[PDB]
Peer 1: 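Following up with a structure containing telaprevir (bound form).
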Amino acid sequence: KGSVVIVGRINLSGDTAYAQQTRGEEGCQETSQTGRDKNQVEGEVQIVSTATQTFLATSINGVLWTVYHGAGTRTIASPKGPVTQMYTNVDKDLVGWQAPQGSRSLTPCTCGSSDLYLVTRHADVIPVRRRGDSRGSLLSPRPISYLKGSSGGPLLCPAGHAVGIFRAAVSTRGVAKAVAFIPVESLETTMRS
Ligand SMILES: *[C@](O)(C(=O)NC1CC1)[C@H](CCC)NC(=O)[C@@H]1[C@H]2CCC[C@H]2CN1C(=O)[C@@H](NC(=O)[C@@H](NC(=O)c1cnccn1)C1CCCCC1)C(C)(C)C
Ligand SMILES: [Zn+2]
């Protein structure tokens, strides 16, 4: 097995979103195998790694959420050693840990806006137009490479509240046309029986 390892962070507090890498490929390979990570955590969105993949994870209501197809049943490396998952929902493709010390949690969106904002792993903020429970159109199509690594990141309100967790793109010939996401309501259902 192995722990998922925070290799970075996205800050959404200020006027513009930015990414910081805080750990390289060699130091991440090391920390996955110990499960002990003494680095300072900050931000709403974390950049996380397994042995194969690098993607996002997002704190909402005190829980760091990401995708199950990326994270699996893995522990997360922390300053007190490896932390077990608090929630595992394979049906909803959703796993969550106790939000790490240092982090900030997003609030669930209560406004029902269909104007969403996808935060990518490069801290690009892309407008998405909500279409149903779990889908949204891209106002501009992108190469899927643009979104590769963003699984686990948030879709936001215009108010900066969590609408959902990005998990997949609908793609034709390497051009993403839409995004699929885990709605924040599903995260709420997961905590609430
Ligand atoms: C995300 O996990 C990530 O950042 N991973 C780190 C980089 C390694 C990653 C982000 C991709 C934009 N997500 C995925 O890889 C997801 C996962 C979760 C669900 C299945 C796999 C594949 N996947 C995708 O996003 C794919 N999308 C699809 O398979 C969609 N299907 C189509 O687009 C399609 C199918 N038939 C004909 C034409 N188009 C399905 C559609 C239904 C909902 C699930 C996604 C790719 C093709 C990788 C974009
Ligand atoms: Zn809202």
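Since chain A takes its numbers from the PDB entry, the residues it shows come out as 989-1181. Remember, it's 1-based here, ligands and their atoms both numbered in the order they're listed.
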Peer 1: Which ligands or chains belong to telaprevir (bound form)?
Peer 2: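 Look at ligand 1.
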Peer 1: Is telaprevir (bound form, ligand 1) less than 4.0 angstrom away from at least one heavy atom of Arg1123?
Peer 2: yes
Peer 1: Nearest protein heavy atom to atom 37 (C) of telaprevir (bound form, ligand 1): under 4.0 Å?
Peer 2: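 Protein heavy atoms within 4.0 Å of atom 37 (C) of telaprevir (bound form, ligand 1) - there are none.
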Peer 1: Indicate the residue and atom of the covalent attachment for telaprevir (bound form, ligand 1), or state that none is modeled.
Peer 2: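 Here, a covalent bond links telaprevir (bound form, ligand 1) to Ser1139 OG.
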Peer 1: Which one of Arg1130, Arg1109, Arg1155 has a non-hydrogen atom at the shortest distance from atom 13 (N) of telaprevir (bound form, ligand 1)?
Peer 2: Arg1155
Peer 1: Which is closest to atom 30 (C) of telaprevir (bound form, ligand 1) in terms of heavy atoms, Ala1156, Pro1131, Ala1157?
Peer 2: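 Shortest heavy-atom distance from atom 30 (C) of telaprevir (bound form, ligand 1): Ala1157.
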Peer 1: Measuring from the heavy atoms of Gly1137, does anything fall under 4.0 Å of telaprevir (bound form, ligand 1)?
Peer 2: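 The answer is yes: telaprevir (bound form, ligand 1) sits under 4.0 Å from a heavy atom of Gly1137.
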Peer 1: Is there a protein heavy atom at a distance of less than 4.0 Å from atom 42 (C) of telaprevir (bound form, ligand 1)?
Peer 2: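 Protein heavy atoms within 4.0 Å of atom 42 (C) of telaprevir (bound form, ligand 1) - there is at least one.
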Peer 1: Taking atom 2 (O) of telaprevir (bound form, ligand 1) as the point of reference, which of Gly1162, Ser1139, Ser1138, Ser1133 owns the nearest heavy atom?
Peer 2: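 Looking at heavy atoms only, the winner is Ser1139.
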Peer 1: Is the closest heavy atom of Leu1044 to telaprevir (bound form, ligand 1) under 4.0 Å?
Peer 2: no
Peer 1: May I ask you to check whether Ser1159 has an N/O atom sitting below 3.5 Å from an N/O atom of telaprevir (bound form, ligand 1)?
Peer 2: yes
Peer 1: Record the part of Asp1081 in heavy-atom contact with telaprevir (bound form, ligand 1) below 4.0 Å; permitted values are side chain, backbone, both and neither.
Peer 2: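 The answer is neither.
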Peer 1: Nearest to atom 6 (C) of telaprevir (bound form, ligand 1), what protein heavy atom do you find, and at what distance?
Peer 2: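 Here the nearest protein heavy atom works out to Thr1042 O, 3.6 Å.
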Peer 1: Does the protein put any heavy atom within less than 4.0 Å of atom 22 (C) of telaprevir (bound form, ligand 1)?
Peer 2: no
Peer 1: Show the binding site of telaprevir (bound form, ligand 1) at 4.0 Å, heavy-atom contacts only.
Peer 2: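 Heavy atoms within 4.0 Å: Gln1041, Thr1042, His1057, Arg1123, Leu1135, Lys1136, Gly1137, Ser1138, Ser1139, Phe1154, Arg1155, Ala1156, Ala1157, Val1158, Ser1159.
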